[PDB]
Amino acid sequence: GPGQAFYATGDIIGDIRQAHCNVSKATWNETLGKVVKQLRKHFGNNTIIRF
Amino acid sequence: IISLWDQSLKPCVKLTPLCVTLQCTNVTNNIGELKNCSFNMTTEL
Amino acid sequence: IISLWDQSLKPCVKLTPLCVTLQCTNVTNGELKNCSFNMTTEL
Amino acid sequence: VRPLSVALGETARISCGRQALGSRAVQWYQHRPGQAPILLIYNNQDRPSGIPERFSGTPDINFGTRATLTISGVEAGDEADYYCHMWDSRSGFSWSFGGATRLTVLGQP
Amino acid sequence: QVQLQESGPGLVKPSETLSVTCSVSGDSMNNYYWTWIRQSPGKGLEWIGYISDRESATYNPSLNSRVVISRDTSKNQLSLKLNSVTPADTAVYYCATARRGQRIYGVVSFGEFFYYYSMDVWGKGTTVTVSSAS
Ligand SMILES: *[C@@H]1O[C@H](CO)[C@@H](O[C@@H]2O[C@H](CO)[C@@H](O[C@@H]3O[C@H](CO)[C@@H](O)[C@H](O[C@H]4O[C@H](CO)[C@@H](O)[C@H](O)[C@@H]4O)[C@@H]3O)[C@H](O)[C@H]2NC(C)=O)[C@H](O)[C@H]1NC(C)=O
Ligand SMILES: *[C@@H]1O[C@H](CO)[C@@H](O[C@@H]2O[C@H](CO)[C@@H](O)[C@H](O)[C@H]2NC(C)=O)[C@H](O)[C@H]1NC(C)=O
Ligand SMILES: *[C@@H]1O[C@H](CO)[C@@H](O[C@@H]2O[C@H](CO)[C@@H](O)[C@H](O)[C@H]2NC(C)=O)[C@H](O)[C@H]1NC(C)=O
Ligand SMILES: *[C@@H]1O[C@H](CO)[C@@H](O[C@@H]2O[C@H](CO)[C@@H](O)[C@H](O)[C@H]2NC(C)=O)[C@H](O)[C@H]1NC(C)=O
Ligand SMILES: *[C@@H]1O[C@H](CO)[C@@H](O[C@@H]2O[C@H](CO)[C@@H](O)[C@H](O)[C@H]2NC(C)=O)[C@H](O)[C@H]1NC(C)=O
Ligand SMILES: *[C@@H]1O[C@H](CO)[C@@H](O)[C@H](O)[C@H]1NC(C)=O
Ligand SMILES: *[C@@H]1O[C@H](CO)[C@@H](O)[C@H](O)[C@H]1NC(C)=O
Ligand SMILES: *[C@@H]1O[C@H](CO)[C@@H](O)[C@H](O)[C@H]1NC(C)=O
């Protein structure tokens with residue numbers, strides 16, 4: 001409109017892909033081990049915990 | 001944070017003319033998440 | 001002065017409908033153009 | 001069809017028609033008139049064995065340059081058909097082989 | 001020497017079935033994949049489609065799938081049948097291999113890739129005429 005403009009999305013240059021998050025499996029496993037350890041300490045001493 | 005976000009959003013462009021019948025198709029030629037939408041919009045005049 | 005000009009310009013009339021195709025011809029005689037255009041009335 | 005006239009020697013550049021809409025994987029063929037054709041450059045850089053070094057591929061930088069075939073020192077054996085069979089991702093399956101272009105070398109003793 | 005012998009009737013009338021074979025020798029038939037490729041005088045190379053190990057003949061949308069392709073392992077030949085021969089079928093019919101090439105532009109987990117078909121060895125082809133002449 002007059003004095004009005006909206007920024008639309010242009011053609012996606014290159015192959016049509018998708019956003020993706022990469023988490024190091026080793027780091028995530030070790031941190032999950034640390035959290036599950038404290039969770040087991042918080043909830044009893046050692047209990048079955050499923051993330 | 002709510003007040004700051006609302007204040008930083010007040011002066012920017014309002015998009016009330018975007019409500020329109022979107023004649024929209026796909027972008028993936030072969031085997032959504034990317035919709036090529038053609039629609040009408042009021043120009044400057 | 002900038003802020004004063006802004007704050008006093010706010011309450012007066014916005015002219016967003018004036019943007020229209022002005023079918024304008026030369027005034028009877030440049031520096032003056034007689035333009036006939038369209039406007040939205042009260043209804 | 002695109003008749004190209006190239007002087008003997010030096011270098012020649014063969015670019016094809018279809019635009020590289022998205023990342024491309026081009027295939028170039030040599031259809032000699034009358035006899036069976038062969039392939040020259042595939043995967044935009046990989047040239048199969050039994051092909052002279054006079055034909056160099058076009059590496060992809062994900063944009064910019066198109067599917068170009070390079071002729072380095074044309075000879076009497078290159079009078080044939082050049083086929084640009086490009087597998088651009090945006091166009092999906094490259095079922096079609098595209099059109100045909102002919103090079104007709106001039107200045108040939 | 002994988003020599004792709006092809007033999008056809010050579011004479012055909014409109015609106016009937018054409019039969020050209022593709023004899024394979026010198027190399028096995030289960031190692032790789034083979035397809036069919038043609039070419040019309042005045043036109044560029046045209047492709048009948050491709051047949052792979054699973055035998056699900058992927059046919060040509062540009063030829064209306066009015067063609068019948070198959071293969072036989074006993075006689076070791078690739079089979080191409082052209083039922084309802086169109087008067088435009090005056091063309092040479094080669095025979096081609098099919099390399100199941102892999103072209104990945106993203107991750108394999110999300111199906112962010114596609115297969116490109118590479119062809120290495122081709123035949124010699126035979127030309128047929130479709131008219132009242134015989
Ligand atoms: C996070 O996600 C995964 C985690 O494992 C992984 O994804 C990788 O993403 C990149 C792209 O960012 C992929 O890259 C392609 O890999 C193929 C492999 O054959 C290449 O051929 C591709 O080449 C490009 O460039 C060529 C020359 O211009 C083009 O012709 C071609 O089309 C391509 O554009 C490209 O490099 C990669 O395969 C995946 N997967 C792996 C295992 O790397 C990666 O860790 C992260 N991705 C990110 C950060 O984008
Ligand atoms: C979405 O659709 C538009 C309209 O078809 C595409 O843009 C046009 O593309 C054609 C070629 O196909 C050009 O001739 C036009 O100039 C383009 N613009 C206009 C104003 O029509 C656009 O590329 C499509 N986007 C995607 C990613 O598919
Ligand atoms: C944008 O405005 C044009 C104005 O003409 C619309 O065009 C008409 O669209 C109808 C279908 O909705 C057709 O039957 C007419 O023939 C079209 N007229 C002309 C002259 O093209 C168009 O549909 C509008 N687009 C949207 C998204 O609403
Ligand atoms: C600008 O144009 C308008 C419209 O033609 C002029 O006003 C009209 O003038 C005629 C006589 O020429 C009168 O009969 C009308 O009643 C007037 N008004 C309307 C509503 O049409 C106006 O005078 C022109 N201005 C100049 C200075 O040229
Ligand atoms: C105001 O709107 C009217 C809507 O009809 C416009 O009228 C048309 O104007 C064109 C020339 O631009 C004429 O060919 C038509 O015959 C007119 N239609 C009618 C029903 O009168 C008018 O032009 C607009 N105002 C201006 C000055 O452009
Ligand atoms: C994130 O990117 C940096 C480089 O910018 C790299 O060193 C690091 O290993 C990446 N992390 C993961 C989990 O891929
Ligand atoms: C395309 O549009 C249709 C609706 O017209 C929708 O159902 C479909 O999911 C879209 N995308 C694809 C990949 O077909
Ligand atoms: C009419 O209007 C135009 C507007 O640009 C002006 O240049 C011109 O001098 C005017 N008069 C005549 C006689 O054209």
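Just so it is clear: chains get the letters A, B, ... in the order the sequence lines come, proteins before strands, and each one is counted from 1. Not the full deposit; the contacts listed refer only to the portion displayed.
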- Query: What is the PDB name of the drug at chains D and E?
  - Reply: 10-1074
- Query: Which polymer chain sits in most contact with 10-1074, and what is its name in the PDB entry?
  - Reply: HIV-1 BG505 SOSIP gp120,Envelope glycoprotein gp120
- Message: Could you give me the letters of the other chains with a heavy atom under 4.5 Å from 10-1074? Thanks!
- Response: A, B
- chain D - name in entry: 10-1074 Fab Light Chain
